[PDB]
Undergrad: 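Dumping the structure here so I can ask a few things about it.
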Amino acid sequence: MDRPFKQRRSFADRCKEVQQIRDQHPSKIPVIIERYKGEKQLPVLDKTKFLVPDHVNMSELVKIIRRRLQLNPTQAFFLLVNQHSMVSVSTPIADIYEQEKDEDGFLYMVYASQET
Ligand SMILES: CO[C@@H]1[C@@H](OC(N)=O)[C@@H](O)[C@H](Oc2ccc3c(O)c(NC(=O)c4ccc(O)c(CC=C(C)C)c4)c(=O)oc3c2C)OC1(C)C
């Protein structure tokens, strides 16, 4: 629906789903990508739950998500993980998953037209 993921799924069920994904997609990182609650410029992505092959750099994900949003060339766009902008993080998602993942095992990201 429209409510954020953590509002729709219990912590238990989210954990259980991450365990399922470890069995069924071992090389992928499970991620939740959501629009900032107070965002007024950027549109809402078609979907919010993704798997990411774990070699993809965070910096590349910024470019991929920006393409998916179909913005104009000048629109501001920031992808935030635990409030940090990912635009210059040329590090595989595998290597930041363990430091930045939620207790439920998903890696959460927020996009917005401003950083702070
Ligand atoms: C509980 O798992 C479910 C799946 O259930 C089962 N039995 O497999 C199924 O219901 C659905 O399956 C999905 C759902 C989403 C993706 C998915 O989003 C994938 N990602 C890519 O193909 C991909 C490849 C390259 C790349 O740079 C990016 C990043 C894309 C950005 C975030 C827009 C993504 C993928 O490989 O597999 C996916 C699969 C198998 O969603 C899950 C994982 C929650």
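What you see of chain A is 7-122, where the numbers are those given in the PDB entry. Only heavy atoms go into these numbers, but all of them, side chains included; no hydrogens, no water, no symmetry mates. Order of appearance sets the numbers: ligands from 1, and atoms from 1 within every ligand. Header says: X-ray crystallography, 1.7 Å.
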Undergrad: At ligand 1 in this PDB structure, which drug or drug candidate is present?
TA: novobiocin
Undergrad: Would you mind finding the main macromolecule in contact with novobiocin and telling me what it's called in the PDB entry?
TA: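 Most heavy-atom pairs belong to Microtubule-associated proteins 1A/1B light chain 3A.
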Undergrad: Nearest non-hydrogen atom to atom 7 (N) of novobiocin belongs to which of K34, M115, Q30?
TA: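 Nearest option to atom 7 (N) of novobiocin, by heavy atoms: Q30.
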Undergrad: Need the novobiocin atom indices (1-based, order shown) with element for anything under 4.0 Å from a heavy-atom of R74.
TA: 33 (C)
Undergrad: Can an N or O of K55 be found at a distance shorter than 3.5 Å from an N or O of novobiocin?
TA: no
Undergrad: With heavy-atom distances below 4.0 Å as the criterion, list the atoms of novobiocin near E23.
TA: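 Those atoms are 1 (C), 44 (C).
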Undergrad: What atoms of novobiocin come closer than 4.0 angstrom to any heavy atom of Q26?
TA: 1 (C), 7 (N)
Undergrad: For novobiocin, indicate whether the residue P36 contacts it via side chain, backbone, both or neither (heavy-atom separation under 4.0 Å).
TA: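 It is neither; nothing of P36 touches novobiocin.
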Undergrad: May I ask whether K53 has any heavy atom positioned less than 4.0 angstrom from an atom of novobiocin?
TA: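 A heavy atom of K53 does come that close to novobiocin.
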Undergrad: Within the 4.0 Å heavy-atom shell around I39, which atoms of novobiocin are there?
TA: 32 (C)
Undergrad: At under 4.0 Å between heavy atoms, which part of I70 makes contact with novobiocin: side chain, backbone, both or neither?
TA: side chain
Undergrad: Counting each atom of novobiocin from 1 as listed, which ones have a heavy atom of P59 under 4.0 Å away?
TA: 23 (C), 24 (C), 25 (C), 26 (C), 28 (C), 34 (C)
Undergrad: Novobiocin versus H31, non-hydrogen atoms closer than 4.0 Å: side chain, backbone, both, neither?
TA: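 The part of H31 near novobiocin is the side chain, not the backbone.
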Undergrad: I'd like to check whether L67 has a polar contact with novobiocin, where a contact means an N/O of the residue lying under 3.5 Å from an N/O of the ligand.
TA: no
Undergrad: Which residues lie closer than 4.0 Å to novobiocin by heavy-atom distance?
TA: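 Heavy-atom neighbours of novobiocin: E23, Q26, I27, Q30, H31, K34, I39, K53, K55, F56, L57, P59, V62, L67, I70, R74.
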